[PDB]
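Presented below is the structure to which this report refers.
Below, read A as the first sequence line, B as the second, and so on, with proteins coming before strands; counting in each chain starts at 1. Whatever order the structure lists ligands and atoms in, that order sets their numbers, starting from 1.
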Amino acid sequence: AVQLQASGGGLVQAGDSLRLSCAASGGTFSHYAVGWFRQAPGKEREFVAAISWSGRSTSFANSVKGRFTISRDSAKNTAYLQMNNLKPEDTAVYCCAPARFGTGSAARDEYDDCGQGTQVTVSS
Amino acid sequence: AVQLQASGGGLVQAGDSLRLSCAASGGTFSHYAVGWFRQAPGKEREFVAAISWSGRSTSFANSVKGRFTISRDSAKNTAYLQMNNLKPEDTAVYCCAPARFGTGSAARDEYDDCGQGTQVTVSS
Amino acid sequence: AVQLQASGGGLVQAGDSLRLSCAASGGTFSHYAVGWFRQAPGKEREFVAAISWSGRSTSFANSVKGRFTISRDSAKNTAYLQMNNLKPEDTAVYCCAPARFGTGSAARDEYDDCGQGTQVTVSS
Amino acid sequence: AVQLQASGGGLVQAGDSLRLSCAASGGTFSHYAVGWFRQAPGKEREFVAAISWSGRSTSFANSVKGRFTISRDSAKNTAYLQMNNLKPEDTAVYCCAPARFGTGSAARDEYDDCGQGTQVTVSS
Amino acid sequence: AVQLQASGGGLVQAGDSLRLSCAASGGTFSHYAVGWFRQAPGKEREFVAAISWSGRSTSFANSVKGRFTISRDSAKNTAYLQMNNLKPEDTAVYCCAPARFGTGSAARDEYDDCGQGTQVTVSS
Amino acid sequence: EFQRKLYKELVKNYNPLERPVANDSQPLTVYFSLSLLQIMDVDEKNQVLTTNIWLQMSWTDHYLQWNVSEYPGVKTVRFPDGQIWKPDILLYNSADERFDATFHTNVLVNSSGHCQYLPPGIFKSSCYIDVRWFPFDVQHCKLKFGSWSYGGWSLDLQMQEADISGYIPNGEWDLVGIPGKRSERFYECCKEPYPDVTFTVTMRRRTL
Amino acid sequence: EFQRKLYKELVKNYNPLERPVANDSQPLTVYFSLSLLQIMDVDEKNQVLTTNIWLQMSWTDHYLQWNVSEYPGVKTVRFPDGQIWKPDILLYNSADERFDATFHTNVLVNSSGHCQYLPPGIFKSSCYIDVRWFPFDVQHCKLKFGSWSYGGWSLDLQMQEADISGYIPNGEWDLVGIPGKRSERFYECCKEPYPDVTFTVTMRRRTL
Amino acid sequence: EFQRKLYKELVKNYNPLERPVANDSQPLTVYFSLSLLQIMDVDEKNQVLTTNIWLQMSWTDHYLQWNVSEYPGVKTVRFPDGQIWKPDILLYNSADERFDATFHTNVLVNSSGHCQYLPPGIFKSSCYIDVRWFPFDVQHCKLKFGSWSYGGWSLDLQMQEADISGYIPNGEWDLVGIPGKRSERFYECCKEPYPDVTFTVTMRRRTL
Amino acid sequence: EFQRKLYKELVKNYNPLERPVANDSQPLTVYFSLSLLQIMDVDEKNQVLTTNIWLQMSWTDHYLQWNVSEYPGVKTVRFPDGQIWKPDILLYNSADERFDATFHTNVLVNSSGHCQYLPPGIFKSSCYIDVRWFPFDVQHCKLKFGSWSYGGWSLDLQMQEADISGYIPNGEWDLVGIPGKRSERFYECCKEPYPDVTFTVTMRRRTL
Amino acid sequence: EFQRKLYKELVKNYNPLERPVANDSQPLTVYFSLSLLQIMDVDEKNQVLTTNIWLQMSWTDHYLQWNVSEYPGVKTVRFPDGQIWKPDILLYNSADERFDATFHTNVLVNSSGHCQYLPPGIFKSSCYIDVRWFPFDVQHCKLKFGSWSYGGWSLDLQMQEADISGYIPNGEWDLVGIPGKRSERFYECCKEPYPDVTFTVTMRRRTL
Ligand SMILES: *[C@@H]1O[C@H](CO)[C@@H](O[C@@H]2O[C@H](CO)[C@@H](O)[C@H](O)[C@H]2NC(C)=O)[C@H](O)[C@H]1NC(C)=O
Ligand SMILES: *[C@@H]1O[C@H](CO)[C@@H](O[C@@H]2O[C@H](CO)[C@@H](O)[C@H](O)[C@H]2NC(C)=O)[C@H](O)[C@H]1NC(C)=O
Ligand SMILES: *[C@@H]1O[C@H](CO)[C@@H](O[C@@H]2O[C@H](CO)[C@@H](O)[C@H](O)[C@H]2NC(C)=O)[C@H](O)[C@H]1NC(C)=O
Ligand SMILES: *[C@@H]1O[C@H](CO)[C@@H](O[C@@H]2O[C@H](CO)[C@@H](O)[C@H](O)[C@H]2NC(C)=O)[C@H](O)[C@H]1NC(C)=O
Ligand SMILES: *[C@@H]1O[C@H](CO)[C@@H](O[C@@H]2O[C@H](CO)[C@@H](O)[C@H](O)[C@H]2NC(C)=O)[C@H](O)[C@H]1NC(C)=O
Ligand SMILES: *[C@@H]1O[C@H](CO)[C@@H](O)[C@H](O)[C@H]1NC(C)=O
Ligand SMILES: *[C@@H]1O[C@H](CO)[C@@H](O)[C@H](O)[C@H]1NC(C)=O
Ligand SMILES: *[C@@H]1O[C@H](CO)[C@@H](O)[C@H](O)[C@H]1NC(C)=O
Ligand SMILES: *[C@@H]1O[C@H](CO)[C@@H](O)[C@H](O)[C@H]1NC(C)=O
Ligand SMILES: *[C@@H]1O[C@H](CO)[C@@H](O)[C@H](O)[C@H]1NC(C)=O
Ligand SMILES: *[C@@H]1O[C@H](CO)[C@@H](O)[C@H](O)[C@H]1NC(C)=O
Ligand SMILES: *[C@@H]1O[C@H](CO)[C@@H](O)[C@H](O)[C@H]1NC(C)=O
Ligand SMILES: *[C@@H]1O[C@H](CO)[C@@H](O)[C@H](O)[C@H]1NC(C)=O
Ligand SMILES: *[C@@H]1O[C@H](CO)[C@@H](O)[C@H](O)[C@H]1NC(C)=O
Ligand SMILES: *[C@@H]1O[C@H](CO)[C@@H](O)[C@H](O)[C@H]1NC(C)=O
Ligand SMILES: CN1CCC[C@H]1c1cccnc1
Ligand SMILES: CN1CCC[C@H]1c1cccnc1
Ligand SMILES: CN1CCC[C@H]1c1cccnc1
Ligand SMILES: CN1CCC[C@H]1c1cccnc1
Ligand SMILES: CN1CCC[C@H]1c1cccnc1
């Protein structure tokens, strides 16, 4: 919703679960889609998961297909990302980006600039 | 106003305040908006704060939302950025950029090339 | 086919053969072409081989012209890349990308974003 | 004038003056503008100074505003850049670029590719 | 001619001559121009020399203007680059690129993607 | 300035080729109405009727919405032709060489996403004039409007009564009324029914 | 929203200048048909016939296809002029100053890639009217349609019977039938044969 | 060269779809005036009046301004159609088939941001001619102009007296005057009042 | 698919504003011919002749070439208007208001780079009709075609005999022949000679 | 190929909206001339004159220049409409519905930057015909041309004598001469004087 901010990062142990929350502000949260990206320490930004503006369409990566989930909450203007069975290669910075009336796809040309994300680290 | 130059950087201690001044020259200062960006030592440029050409609209980042403030002064052709309760992660180079009749938004496509900025460092 | 995922990587000895499989999901596999790219540790992404949507056209690089081969299988929605007589300079990450009704050319503007690839290493 | 080549670099002591010459060839020198850029060892290219095709308009940076000067000479098809009171931070590679009927502005979209420049170093 | 491949690299001593050959395949060699680029170990790609599709127009860099030469041969579908009086700073990777009915200019927007080049090293 | 921000935000990801529906499984409702202003000419030899008419089309977009509290002073926007989705309403019994004789104007949208479109024009249609009862006779001329490429299950066309408040009386013909009727037909080209709206002129000759 | 996704996916890598064929070595089959609605005028002095006609062109694209199960609620799409390949069917014996007098409309495509195109128009053609048998005579007016730049080996044109279900009887002329025939001719410009379709009007004057 | 720099600076971030207002909460004032040059024809049978007229529209942009001291030698700029915001002034009682019969020209702006627009044209309008007093009679023909999509609260239309300095006397009709009047009306389509300006011709027949 | 590849390869670096010549120091040869189909009307009062004519222009590009062995199944391509260089051939003695009355069609190119262009049209030209010998007389009407902006040293125009194979006899005038002639003239505007091609109609009135 | 290189070099940084002047503080000189070819019609009832005319405009760009030694074989270039700056010369006393009735053609430029523009057209203008001296009388019809948005201090318009070398004698009217005159006027719209050029027809009726 115009301006999205992610939170919920921290330090977790391998095999645990984590819940990240992206809160919207500055506009109507029901008119935009939410997409998640990972920055990684020395790699490029990569798509993770996305949900459409109505919640009827969802998209996930291939290494996250079975372990992550995405949900919406218009009452709190918040999107929730649930990660289960975390692995050491999941340590990175997660950022949340909006998309006006998006279809919840992996295309990067329908999203806006991501905000300041949250760092998460997984220890073996 | 065509050509903007930032100044006021220096060395400060954590928890102090700092005032940066961006002076305009080469045109009418009331026809352009002012945006602030941080370069950081090894990271990419990031938006910080912005104000519209009339001063009726302002925009801030999420980690700076409550600690920074922006003001205009057409008499001196100067924009002022006030930073309060500085933190160690605020050490970077700050640059000032103009935007003709801008709306004071975070979009980077409505601004011109930034000038030579000022380095600020915060010591714990 | 909308979403392509590559697999089959591993550790092999110089002079051996390797078979990589790119599986499609999320759409009709017969409406898209398949292209292969190598990332390399410290170099840029480079085209390797490509096949048209009908299998009547194929394209290869110059250092891979005689050692690699590409085939299709619509029954399993899978493209197969066979590499023979591997060399130490072939150690890299291989990624698979789709192209809707592509001609199997080396042009990068007719392909979509590559997915998460497979790492292969060759030991002398 | 189609092809511009810069020369005159060398080693100088802090507080001295230096004169760089950009010679044109391959076309009419009076139909193009001349712009100067600095590469720097580990930083990005930055504009320094520029002069219009007729010599009636000039533009300078902010850290060079008072110390540098630019002049034209159609007889020798040469643009001259005079630097006075050099400082240690001025050590870099200077390159010269043409612009057909340019206005002598800092915009980078009205210039052509820069040529091979000259290295200058300032010792404290 | 659609697909160009360069060859002829090796190790040479300072002050010697070297002949590089770019062979065409995949189309009519008389409908395309040939351009040469150098990659260098830690620098960016730079133009070196170019020849038009008919051989009536040629272009060279400024540090190579007097020492290099370019020629065509439609019988063998090969472009030849002759380098005389090599210098230590000429050690790099040379790549050959086509351009359909090109004018033999330095513009990079009229060429296609370069292929896999040849490494050449000059020892003092 | 908030108008620039609103326009830039609205334009994002918009595709004029997409029907502005929220479900894709239900038809979009469009209300159609007419406003006659003058019967310029009635041609008996060529069986042609010329009139000045304003069309009225109303619908909802669901893609052009905003909170007025975040854009103070802005309550309506206007879009030119070719930048937003518009119904392809055409007159079936057209006699003009160009077939379509409507002057395209802007489309106005308010905060709720309601779009109105009122093109003015001079329409020529083929009508049959009977002169058997020359001194006294009532002529019925029908104007049929409908969507050309959008049929049932996609576009639900509803009718509204015609407006004759600004009608200018003619010196030779007197209007009795302009009744309207909505019908649905089947064409051999496709198995999907198509709705249409027909209006009647009901002119009468003045005995002088 | 699935309509946006479908449109974006379809638009990728599409070139309007390419004939939508799957082999490039076989002609593309196009079915052509006519639908007359009214004989507006028959000019004897100028040897011109004016009528209201809808053209019908049907073909297959093979590039616009999708699985309806992956795009629920979407079964048809519509494309405007200049965004997809369209046959260049023209009337050879045209008498209008503009030559071409067809109003361009949208092209409708279903899941299988079948494209239909039904432009309406008012066509003026040159016909010879014989008045030797004034009180009683049958006039034959021919309308010839064909591709202008696509000949044999590229476009195979097939004919379908004309539709007269919605024909409006004329007060002075009576229609007997509209037979159609497909022919193939050679022109001195090129050695490639070109097909064409000719329809006959077969009007008769009413004795009153 | 300063003209290139001025044009490039002005074009930045400009949106033709935005009304050039500085507050967004106040109407933009537009001054409208007419300049008649010749009454080309007066048609009695068809109730149509043809004249040659130049329109005059004046307003302010607030987005096209510069300091003349920084751009020496440049005091005015000209913009073609479709590159800057322009009022949509139309003639309500138009009789031309195209409805709009104005030739679009450039818009001139000076340093202060004042924009002028003077399109020439030949306008056909529907007028009622009374021939009861054939030898002696005065005919009143009204021309009504107004904004089509911009109403009150957005565009404040003001009137200026018509110019007849370059009028060419007609050989059969004599002009008495061209009074103008500004009015505001309500339409059933919207609850927002719309202003308009009406001019009167006041022709008189010459007794010869 | 090879058609997409061929189109994409051909479009690269192509500039429609450049004359498709290989040397730049020699003129480009263009062959011009006519094909008359019907003398629709001959106006004596207005001194105007109306006919239906197809133009024929042939030339070579040298930029649109390919090896058929590398693109199997592809032997010809077609380009619309505004995407490739085309001669600016115009009729000097035009009487139509639009001046140019040609319907633009596709340009066909084969593997060797040979381009053909055959626009159809209805041309109106000014001709002098002499009625002194009313019952018996032969009328000569001339049609002059030429390049408007390309003169000698740039475009070498050659003539080909006119085709009358598909001519439809007229009921009031009989054609005797259509001789053609190529000439070169000098104009006061420029010192460069300009070629042109003139065709004669040679009509004869039927005595009935 | 040097033509491609020349075109690419010239197109760089060019802005069609900028007047091609080198100082910005001096007017650009434009030479204007006429070339009449035939008086197609003279309408007395409607007071309209129809003629076939070629306009001639000459000026200098200063932005389109090159050294012929660096581009061997290239001495002239041609630019279509909308890609380079062109004067907005219009006929004030136009009677055509479109007002402007000129066919746009290419603009030719030589190495020195000299641009020529010769549009052909059929112009309709309002002229007063006096029939008091029916058998013997000389009619004076004036054609007035001028810039619409460019006035003094910006565009200096100069006149050149009209060319009648290719004039075709008329069978009912005889031309005596076409004198021209340059004038400067003030308009109430602006305080800047505007120049214009007026040509006289000077026709005479043939006594037969
Ligand atoms: C925008 O306009 C719509 C329609 O005019 C308003 O929504 C209602 O629409 C129905 C018809 O669809 C009308 O009968 C109602 O009167 C409308 N509600 C009103 C006028 O309050 C909608 O409220 C408007 N949005 C605003 C005013 O912000
Ligand atoms: C899309 O339409 C086509 C054609 O209407 C359907 O394919 C068949 O096409 C032939 C003519 O080419 C018809 O005679 C058949 O009746 C069509 N099959 C049907 C109607 O089942 C195709 O099935 C349609 N695709 C759908 C309905 O998904
Ligand atoms: C630009 O033009 C405007 C209007 O012509 C000038 O501003 C004033 O505008 C009012 C009408 O709105 C006129 O009555 C005044 O005469 C104008 N002031 C003048 C003519 O001095 C404005 O000054 C002009 N800008 C200039 C000349 O730089
Ligand atoms: C493409 O067409 C050209 C011209 O039709 C062929 O080249 C020759 O052109 C001349 C006229 O310029 C004709 O008289 C010859 O008959 C043409 N040669 C033929 C028909 O063999 C050219 O050969 C064609 N390219 C093909 C067929 O691949
Ligand atoms: C390009 O054309 C111009 C004008 O035709 C030539 O410059 C002179 O222009 C004046 C009128 O402005 C003529 O009277 C002269 O005759 C022209 N000089 C000539 C014809 O030598 C200019 O020389 C031309 N450039 C060339 C030929 O390279
Ligand atoms: C769309 O409409 C169908 C029936 O027409 C209905 O079953 C479905 O629930 C609707 N979509 C949503 C999101 O409710
Ligand atoms: C519009 O924004 C205001 C301010 O945040 C809010 O109170 C109001 O509920 C919003 N409107 C809607 C419909 O959510
Ligand atoms: C294309 O058609 C040719 C004959 O017309 C045939 O031999 C060929 O097999 C066809 N293409 C394919 C892929 O089958
Ligand atoms: C469409 O998708 C469904 C779901 O995966 C599948 O069962 C069906 O076979 C697909 N249709 C075709 C024609 O492959
Ligand atoms: C805009 O107008 C409103 C009233 O119309 C006024 O209250 C407001 O102050 C104006 N805007 C500014 C910036 O003054
Ligand atoms: C325009 O610039 C000059 C020079 O700096 C300055 O003196 C003048 O005040 C400026 N004009 C305005 C209106 O500020
Ligand atoms: C171009 O033509 C000239 C003479 O017209 C000739 O001298 C020259 O050799 C030709 N170009 C080439 C490449 O042969
Ligand atoms: C076309 O390609 C084939 C296959 O390589 C070759 O044999 C033939 O010579 C080529 N044609 C020409 C004109 O070079
Ligand atoms: C431009 O013209 C003015 C006077 O019109 C003159 O003073 C000035 O010097 C001219 N410009 C140049 C560069 O000479
Ligand atoms: C054009 O180039 C030639 C070759 O360098 C040179 O001799 C000549 O002086 C140039 N022309 C002009 C006007 O400078
Ligand atoms: C319902 N329409 C009106 C008459 C033709 C028909 C139609 C059907 C499909 C595509 N276009 C037009
Ligand atoms: C078959 N067409 C119809 C008449 C001309 C002919 C044709 C041939 C090639 C290119 N355009 C048109
Ligand atoms: C005021 N206009 C003139 C008549 C129709 C009306 C109108 C209202 C809203 C949108 N368009 C037109
Ligand atoms: C030869 N053309 C035909 C008549 C005018 C002449 C011409 C010359 C230069 C530019 N345009 C037209
Ligand atoms: C000189 N022109 C001719 C008549 C109107 C006048 C004019 C002035 C300013 C802008 N446009 C037109």
- [ ] Look up the drug at ligand 18 and give its PDB name.
- [x] (S)-(-)-nicotine
Open item on the list: Help me with this one: what macromolecule has the most contacts with (S)-(-)-nicotine (ligand 18), named as in the PDB entry?
Closed with: Neuronal acetylcholine receptor subunit alpha-7
TODO: Give the letters of all other chains that come under 4.0 Å from (S)-(-)-nicotine (ligand 18) at a heavy atom.
DONE: F, H
- [ ] May I ask whether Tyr92(H) has any heavy atom positioned less than 4.0 angstrom from an atom of (S)-(-)-nicotine (ligand 18)?
- [x] yes
TODO: Report yes if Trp148(H) has an N/O atom closer than 3.5 Å to an N/O atom of (S)-(-)-nicotine (ligand 18); otherwise report no.
DONE: yes
Open item on the list: Give the atom numbers and elements of (S)-(-)-nicotine (ligand 18) that come within less than 4.0 Å of a heavy atom of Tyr194(H).
Closed with: 1 (C), 8 (C), 9 (C)
Open item on the list: Taking 4.0 angstrom as the limit and counting only heavy atoms of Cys189(H), give me the atoms of (S)-(-)-nicotine (ligand 18) inside it, by number and element.
Closed with: 6 (C), 8 (C)
Task: For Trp54(F), the (S)-(-)-nicotine (ligand 18) atoms whose distance to one of its heavy atoms is below 4.0 Å - done: 4 (C)
- [ ] Enumerate the residues contacting (S)-(-)-nicotine (ligand 18) with a heavy-atom distance under 4.0 Å.
- [x] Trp54(F), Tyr92(H), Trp148(H), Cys189(H), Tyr194(H)
